[PDB]
Q: 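Here we have a deposited structure with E7820 present.
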Amino acid sequence: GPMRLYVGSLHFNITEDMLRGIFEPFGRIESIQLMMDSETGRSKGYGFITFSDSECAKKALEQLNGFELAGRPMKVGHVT
Amino acid sequence: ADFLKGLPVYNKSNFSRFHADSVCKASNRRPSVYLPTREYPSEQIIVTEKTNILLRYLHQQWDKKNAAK
Amino acid sequence: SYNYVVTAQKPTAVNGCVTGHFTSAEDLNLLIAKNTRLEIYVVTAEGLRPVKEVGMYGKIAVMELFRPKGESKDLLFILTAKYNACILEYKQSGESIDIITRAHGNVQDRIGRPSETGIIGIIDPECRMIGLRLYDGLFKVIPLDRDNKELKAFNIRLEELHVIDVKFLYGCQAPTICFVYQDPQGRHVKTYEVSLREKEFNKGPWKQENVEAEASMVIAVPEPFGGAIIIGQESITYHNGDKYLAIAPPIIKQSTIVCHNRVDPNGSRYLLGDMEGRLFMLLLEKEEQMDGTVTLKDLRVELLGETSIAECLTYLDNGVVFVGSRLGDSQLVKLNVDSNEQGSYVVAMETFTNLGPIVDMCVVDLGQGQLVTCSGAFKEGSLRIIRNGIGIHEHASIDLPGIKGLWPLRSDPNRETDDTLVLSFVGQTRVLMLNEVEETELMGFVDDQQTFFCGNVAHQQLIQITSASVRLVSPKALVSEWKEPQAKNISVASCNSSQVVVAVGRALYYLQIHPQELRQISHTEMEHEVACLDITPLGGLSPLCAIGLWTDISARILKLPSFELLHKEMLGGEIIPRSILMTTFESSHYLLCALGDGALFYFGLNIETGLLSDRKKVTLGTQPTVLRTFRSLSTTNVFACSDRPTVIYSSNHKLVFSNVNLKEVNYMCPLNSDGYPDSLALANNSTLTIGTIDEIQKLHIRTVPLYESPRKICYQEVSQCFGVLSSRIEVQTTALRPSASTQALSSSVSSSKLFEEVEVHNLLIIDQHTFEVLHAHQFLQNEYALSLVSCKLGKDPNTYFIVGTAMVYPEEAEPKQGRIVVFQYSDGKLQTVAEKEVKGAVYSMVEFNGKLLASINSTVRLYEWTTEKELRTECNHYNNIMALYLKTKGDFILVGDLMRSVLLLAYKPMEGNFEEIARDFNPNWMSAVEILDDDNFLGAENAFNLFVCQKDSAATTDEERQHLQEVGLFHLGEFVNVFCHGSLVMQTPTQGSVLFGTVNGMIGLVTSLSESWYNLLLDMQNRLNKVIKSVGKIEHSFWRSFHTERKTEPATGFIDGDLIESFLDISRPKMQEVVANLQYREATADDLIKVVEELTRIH
Amino acid sequence: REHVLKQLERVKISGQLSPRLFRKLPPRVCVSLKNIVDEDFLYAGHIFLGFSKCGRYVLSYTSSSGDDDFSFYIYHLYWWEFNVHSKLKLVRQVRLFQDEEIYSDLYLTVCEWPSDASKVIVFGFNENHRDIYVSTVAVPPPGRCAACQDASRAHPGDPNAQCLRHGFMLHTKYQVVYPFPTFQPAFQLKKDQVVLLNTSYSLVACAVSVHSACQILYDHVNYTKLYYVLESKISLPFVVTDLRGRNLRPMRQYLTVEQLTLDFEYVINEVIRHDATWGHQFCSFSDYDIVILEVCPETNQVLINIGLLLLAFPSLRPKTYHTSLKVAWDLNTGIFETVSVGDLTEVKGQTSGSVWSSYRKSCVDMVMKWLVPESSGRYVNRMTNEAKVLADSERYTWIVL
Ligand SMILES: Cc1ccc(NS(=O)(=O)c2cccc(C#N)c2)c2[nH]cc(C#N)c12
Ligand SMILES: [Zn+2]
């Protein structure tokens, strides 16, 4: 089946496009969702990414998790 | 008073003959207005570097990298 | 559609001031920035000598003096708000003053975003570069280098995106900036080195430190201290690396410090100014070392006293400090060593009138219109009454009829001030002495003959010329006496310090004044009887005698002592010259001659030749004029005594006339006493007046201090008084000082039951003649009065003051409750008639065809006023964001929105509701609006531009009918707070008259033109721009371009009246060069003169 | 700690009025979409995108099928005039990507250029290819266009008959391959009238402009200017139409469509042969990913970063390495100059996927580092909405969805 991933600890300036940039080279992406602040318009610093195939999502998690992006270590995990 | 003694004097004669109007007016307030009819050419011209910072930087670094060998 | 904008009053707020040696290396200069104007002064013995004023084509944002290694005097660096950079030099050869543009260019960056705390311009102490903070994230460096044709600026990326203040440090091997920045973590101070070779930053001399959260200012301390001082809300800190010193003095905790300046060149002492107008000294305690050097031991702050609220401070010389105020009058103050009884060390020497900010204003006919403003803020709050004409501040009035002449006199030779006033009567003379009042007798002077002249002469002697004799007086005694051979009467008399010419009928006799001797030099007989005489020595022994005759009605210049005729002028008519005078104005010599019918002739006069040129004529009064020179504020001017008293003076090398606001003056003389410095003595048929004259200019201004902030003003003719909203700060409540609202005759307090430092609002009733606060009505706790109108409503015959308010709470952030209150001022007290609750802030109100139009938040509402004395809503309009401004004409309503431009409504009487006619679809952050006419709407916005909107008179469809088209655009350079229909002139090339009031205290006038006049004057502009050079080499067209961050657009449909008027001030050849090619056909340099003269009469 | 009314008192005495000082405070006016949309469009599938920068328009798009063509997509864009509380008037309706059978539901985005409110630009995306649709639609006339009136006079026309500037569209489609080039709207559109399009094999700078009785790109390589007029092999095939959709007539007022191209393979091969310190151990290159780092829109410089995968000798046997080339690209000249060349790092066991992700992270890092804020004047507007609030340029007016 597909696979949602939490992506958090993002610099507040990372865009939905940038996540697509960083994650997409791993596999097909069913949906990317960066949580925005409805009041300010800036991101909440976190979001979810859905890979069409889970074995891909797993590689992305492995490769990207705990690694600095914009100087902020990126967190990536499995979500029910 | 300690802190007010020795207040700077550039010319002792300054304000010596200062007498103000009885409604606190002393200085003349209507200077002749400068209206140039003729003008001296400017010796130099101020201009900005058109090159982007990041360009300039990345060019520099590389230029002093190949200058290593 | 076609508009014309001219200055009626130049900006008066001080934005910056700097001191240095700019004109010469020796002299000491004060330079003052008033928006677009740069004033240049030289410090002298008497105080400030004006040298030069220059009008920049830009708002001056940065103004720094600096001296590079190979320079004899300081250079001036200016940056304007539109990023015009220049380096300027004062040059002088002989008498000719020029400002040289050493360097110029525009430093704007497209990529850049203007910073929170605005434009900051700093120069390295070793003049190695100029640093600019223009935008968040970028530091612009202009390397200073003589041997280049291109001063190439570069940007250095700055990781700190929110910079509060930056300075260059002293005593550094590399140029080093020190700055305060804000981040989530707080406020901090950091240093960087600026390397020109790397076009990059380097790690600075010392590390970063967390500082005060309210830290707002950086001071670069000079050697031998080096390092920096950081000023916070309640803390002052010194840093120099290993050394860190911090003081938290309680004294500074009350208010915020907003400006500073260095007193001692080595930085041992600094002046600091706070928001409440307190003045402090910051002392740095030196520590001498075995090694030649000096370390900072301690920091002390000391309260010196109170000044105006200072925008900027500068120490001048001999304990004299110039206080430049934005919110109040500017000042010269003295710092003393001894305090006064109140414990104050500060003494005011001079005050300069600042109208700014004009927050509201109205035109009243107190046939000449007077303008009354709401001026200033906080303790500086005031009303200013502005009139055309000149006023006399009377200090004394004495019952003395039949005065036939008037002379000032120094009795003591060592006294350099007048102590005596000699008066003339039909056959008598009386002598008066100033403590104060009361008369005397002067030895050597006669009292039983009429004095025709008297006063101080050469060799420490005195003179008196009567109808009988000339008396020279020394120890006061008669030391010489001249009489006519046959003892005939002297009929006319004139005298300087050295010479005497007297007339005996047609006989003329020339005397000289020597030690204890009146020496007859020569004699002659004129063709006709002598009417009047003058021998003023022009730039103290005259080679010239000016004479007016009977019979031929002639003015003549005669050589002395030969009495040879150099020039005869037939004045014409059957009326004799009454008074004649030779005078200098602006190192230019004139003969002035006044006829007994009230006409005045003035000529240019050549000392060497004696030639009169340029008979110009003016009409002053019906009665004969008597001319007398006087000195006022270091300038020589002529008083013309008549039924219409006038001062004659010079502006831009041309003679100007201004009415003095008195009934009639027969005779006058200047009076420089100890009690009345540079005063004037005036005499009508019955009174001797002593008083001070207001500044010699077009505008005459009166100040009514309130000691709290005025907010709105309106006039109530029927009550013969003004209503003024004001607010005072009270502390947690109890007031800070007595002010207008706490000192009324009567007072009232709101009793409505409808609903850290605090504001307390009031409606002030102020007498229109005396400007006494007759009554003050205090609003509810937390109620802010926003709007005010005086008017009649409905069928009700009473006239009311109506106030719109808003409830403002600490734990809330926008208004949701408000009130409209109807007051009646009757029998000395303010009565509350009616009160209407509303669900927001009542931003604006206008009377509208006997109804009350109001704006509440984003709603515009129309109320009717019922029989039952209540406001009843008729209709609403809700399509606004924030309706702050309302203007009406007929059934039309112009709506100004803070963020959403202008909107035109109409009231439909049959439908009984509003209709949106059209709106301006450009976003514009409005400050003020006016209706110019039915189809033309004037707006001023937040970027200092004016624009004019029109209904589309070509609209075919209804959709097109609904756009307001922006047909006029113009960068004004001011922030408009109020627009007003009216004129300061008595009252054609122009239609309509809208005055405006600005934050900087500028008063302007907008008027309309025909397409024809516009096309002529626009062409004129373009020609004037090719002839007239702009200091800094800024293009006029660039300056006047409509400029916002979204768009930049050339000005259209607007003529710069100031430019146009300056055509009268250029040289004749350059005048002709402007008119080079033109049609009527060909060039009428004199016809264009006649045209512009018309345009100057609109104000 | 600030209150609206305290801020306004400040304004009158200081004369500093700026959107960024009230940015502390809550929206001035919120409106509900339910309350400003008409009844007819209420169940016709509109998805509202946002406000124009000028704040005069909300606009939206629709995605319907119909006919016998199920799972077959039509895209229309619509301009609505916002008038606060009153209902949104419909000003323009326009079909996107003409002549085009779309067998899949697109991710759609509309953009406005920084300083050009005359045209708007729309992007549509999405078995080892990816399809990209791009449309440039004229913006409705601000007020009353004299030329537009002539279009309803000199030509009888009717409602929706407009002149060229205020009524032309331009379509285009291209394919794209792994690694799928990033979407960089802020850079792609930083120069007015121009969009930079990454085809995987080249970068194409296209420009449209209207003129009346010169060149937006190549002034003073692959250039492709041609003209079109009103009335009935190249890098990037396109269709130029009017609002109704009639093909515009070529010329050889009027329209100018330009196309400057940068062939990645040329650039790579030449930077190695010329500038690379290791070009004499290079063999060949497998794959590349081009990311825009900056666009200097006045000087017309485009800085790009080229991530490479290649084969080279170590200094025995060849092996695959990763590097990045940095290249400037004049738009007036058409010439590119090397800015920087990186070292080779052995890719060993890392997949291609993780090599590209890792290359892109370093690009993001770099942009972020050198990022300077802009004025509200010059930002590229990007609108999107998939399946809460639509805010003005300044967030003082909200449409609550
Ligand atoms: C590397 C990178 C840079 C920029 C963008 N997007 S952008 O051009 O819209 C942008 C965003 C934020 C600031 C700016 C600026 N100045 C520009 C990218 N999108 C996906 C990316 C990947 N990998 C990527
Ligand atoms: Zn058109």
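Every chain is numbered from 1, with letters handed out A, B, ... down the list of sequences. Atoms within a ligand are numbered from 1 in the order they appear, just like the ligands themselves. This entry, so its header tells us, was determined using X-ray crystallography, 2.9 Å.
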Q: List all ligands or chains that belong to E7820.
A: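 The drug sits at ligand 1.
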Q: Name, as UniProt does, the macromolecule that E7820 (ligand 1) contacts most in this entry.
A: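 The main binding partner here is DDB1- and CUL4-associated factor 15.
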Q: List the other chains with a heavy atom under 4.0 Å from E7820 (ligand 1).
A: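 The heavy-atom check gives A, D.
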Q: Among the UniProt-annotated Zn(2+)-binding residues of chain D, which come within 4.0 Å of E7820 (ligand 1) by any heavy atom?
A: none
Q: In this deposit, what name was assigned to chain A?
A: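 In the PDB, it's called RNA-binding protein 39.
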Q: Find other ligands or ions closer than 4.0 Å to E7820 (ligand 1).
A: none
Q: Return the organism named as the source of chain D in the deposit.
A: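 The entry lists the organism as Homo sapiens.
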Q: Could you check which UniProt-annotated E7820 binders in chain D have any non-hydrogen atom under 4.0 Å from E7820 (ligand 1)?
A: D:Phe183, D:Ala186, D:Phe187
Q: Extract the binding site of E7820 (ligand 1): heavy atoms, cut-off 4.0 Å.
A: A:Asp17, A:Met18, A:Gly21, D:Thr182, D:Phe183, D:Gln184, D:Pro185, D:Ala186, D:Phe187, D:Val291, D:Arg360, D:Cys363, D:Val364, D:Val367, D:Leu371
